[PDB]
*Asks:* 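Sharing a structure below in structure tokens format, with a few things to ask.
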Amino acid sequence: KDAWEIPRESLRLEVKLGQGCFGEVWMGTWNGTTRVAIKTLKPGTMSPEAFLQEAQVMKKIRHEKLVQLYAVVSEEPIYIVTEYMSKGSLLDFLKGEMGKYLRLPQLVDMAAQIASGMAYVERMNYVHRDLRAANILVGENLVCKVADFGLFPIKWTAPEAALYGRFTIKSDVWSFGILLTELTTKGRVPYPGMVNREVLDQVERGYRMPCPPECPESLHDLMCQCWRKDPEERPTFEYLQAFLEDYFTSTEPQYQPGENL
Ligand SMILES: Cc1ccc(NC(=O)c2ccc(CN3CCN(C)CC3)cc2)cc1Nc1nccc(-c2cccnc2)n1
């Protein structure tokens, strides 16, 4: 049978990390040596084949900025096993104890890594549909990987996708722009004070988030390209990656540290 299959005895579940109507998530050990994240399926909540769809996808994806599948147990009770990311979610990391020490340089490097991951998704002709800080994992050495915890996130979703169900890599680019604001505000909810309804009215009317405090205008400019009304006007993740990797030399060479960024 499949080469991803592992014996049940090789997986230890050590710390519960969350729950849902379809299962749970745990940190644990695989082969008594490898720390892992584990996703379970509640028997009786959702069909196995519908659940293992995710694992099937994850077998065909391989990239250093994508959370990596490690193994599965594909007879109920089901287990999906991936690499473990020591710092947890980008969102939690941004707003917690570490967040006070991150400046533009680390934050833009995180963005470039995320764009790199998304650029692979771009080349592979996949769509993400839920790119946001909550679906980014952080590891040692500020390593950031794209994940999908299957967690409507209107505030992160391109208008044409939210309104008309048109989800492309270009609506992923819009989400990335919103992700840029999470990075520069240390994980704050976008469109502060506005509910979903006003967000949709306002954005359709052409409103866009302002340059966050201490964020270089040139980075907010980039956010605004990600938020172009016309999907095809938005940049590629290939471009986004290259722009963020070169940012402090090509775009903002006179950058000087500040109080928060
Ligand atoms: C245990 C597991 C099982 C499945 C997944 N799957 C994904 O992360 C994922 C990523 C991309 C795709 C591709 N897909 C293309 C099509 N569109 C519509 C959706 C995305 C699918 C699944 C992750 C995990 N990992 C996981 N889950 C929850 C929490 C954590 C975690 C928490 C703290 C520290 N380290 C890890 N780790």
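Following the PDB entry, chain A shows residues 257-407, 424-533, kept in their order. Whatever order the structure lists ligands and atoms in, that order sets their numbers, starting from 1.
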*Asks:* Which compound out of naporafenib, selpercatinib, imatinib, otilonium bromide, ceftriaxone appears at ligand 1?
*Replies:*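 Among those options, imatinib.
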*Asks:* Per UniProt, what macromolecule holds imatinib with the most contacts in this model?
*Replies:*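 By the greatest number of contacts, it's Proto-oncogene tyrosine-protein kinase Src.
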*Asks:* Do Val323 and imatinib have an N or O pair less than 3.5 Å apart?
*Replies:*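 No: no nitrogen or oxygen of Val323 is under 3.5 Å from one in imatinib.
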*Asks:* Please work out, at 4.0 Å between heavy atoms, whether the side chain, the backbone, both, or neither of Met314 comes within that distance of imatinib.
*Replies:*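 Side chain only; the backbone of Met314 stays clear of imatinib.
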*Asks:* Which residues carry both labels: UniProt ATP-binding in chain A, and heavy atom within 4.0 Å of imatinib?
*Replies:*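 UniProt binders with a heavy atom in range: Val281, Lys295.
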*Asks:* List the source species for chain A given in this PDB entry.
*Replies:*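 Per the PDB, the source organism is Gallus gallus.
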*Asks:* Considering heavy atoms of the protein only, find what lies nearest to atom 35 (N) of imatinib and give residue, atom and distance to 0.1 Å.
*Replies:*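 Residue, atom and distance for the closest contact: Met341 N, 2.9 Å.
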*Asks:* Given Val337, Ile294, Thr338, which has its nearest heavy atom closest to atom 2 (C) of imatinib?
*Replies:*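 Comparing heavy atoms across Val337, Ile294, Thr338, the nearest one to atom 2 (C) of imatinib lies in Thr338.
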*Asks:* Can you tell me which residue and heavy atom of the protein come closest to atom 26 (C) of imatinib, and the distance to 0.1 Å?
*Replies:*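 Scanning the protein heavy atoms, the shortest distance from atom 26 (C) of imatinib goes to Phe405 CE2, 3.6 Å.
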*Asks:* Does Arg385 reach imatinib with a nitrogen or oxygen that is under 3.5 Å from one of the ligand's nitrogen or oxygen atoms?
*Replies:*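 In this structure, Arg385 places no N or O atom under 3.5 Å from an N or O of imatinib.
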*Asks:* What atoms in imatinib come closer than 4.0 Å to a heavy atom of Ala403?
*Replies:*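 What qualifies from imatinib is 8 (O), 10 (C).
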*Asks:* What protein heavy atom sits nearest atom 37 (N) of imatinib, and how far away is it?
*Replies:*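 Closest protein heavy atom to atom 37 (N) of imatinib: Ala293 CB, 3.2 Å.
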*Asks:* Mind checking whether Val313 has an N or O less than 3.5 Å away from an N or O of imatinib?
*Replies:*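 No, no N or O pair falls under 3.5 Å.
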*Asks:* Tell me which part of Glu310 gets within contact of imatinib: side chain, backbone, both or neither, using heavy atoms under 4.0 Å.
*Replies:*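 Near imatinib, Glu310 shows its side chain, while the N, CA, C and O stay back.
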*Asks:* Using heavy atoms and a threshold below 4.0 Å, how should the contact between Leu393 and imatinib be classified: side chain, backbone, both, or neither?
*Replies:*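 Side chain only; the backbone of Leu393 stays clear of imatinib.
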*Asks:* Of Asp404, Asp444, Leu407, which has the heavy atom at the shortest distance from atom 20 (C) of imatinib?
*Replies:*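 Ranked by closest heavy atom to atom 20 (C) of imatinib, first place is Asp404.
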*Asks:* How far is atom 15 (C) of imatinib from its nearest protein heavy atom, and which residue and atom is that?
*Replies:*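 Ranked first by proximity to atom 15 (C) of imatinib is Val383 O, 3.5 Å.
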*Asks:* Name the UniProt active-site residue of chain A nearest to imatinib and give the heavy-atom distance to 1 Å.
*Replies:*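 The nearest UniProt active-site residue, by heavy atoms, is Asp386, 6 Å.
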*Asks:* Help me out - which UniProt domain of chain A has the most residues in contact with imatinib?
*Replies:*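 Per UniProt, it's Protein kinase.
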*Asks:* Hey, is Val281 touching imatinib through its side chain, its backbone, both or neither, going by heavy atoms under 4.0 Å?
*Replies:*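 Only the side chain of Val281 comes within reach of imatinib.
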*Asks:* Listed by chain and number, which residues of other chains have a heavy atom closer than 4.0 Å to any atom of imatinib?
*Replies:*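 Residues with a heavy atom in range: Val281, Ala293, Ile294, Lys295, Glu310, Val313, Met314, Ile317, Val323, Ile336, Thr338, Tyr340, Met341, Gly344, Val383, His384, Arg385, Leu393, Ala403, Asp404, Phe405.
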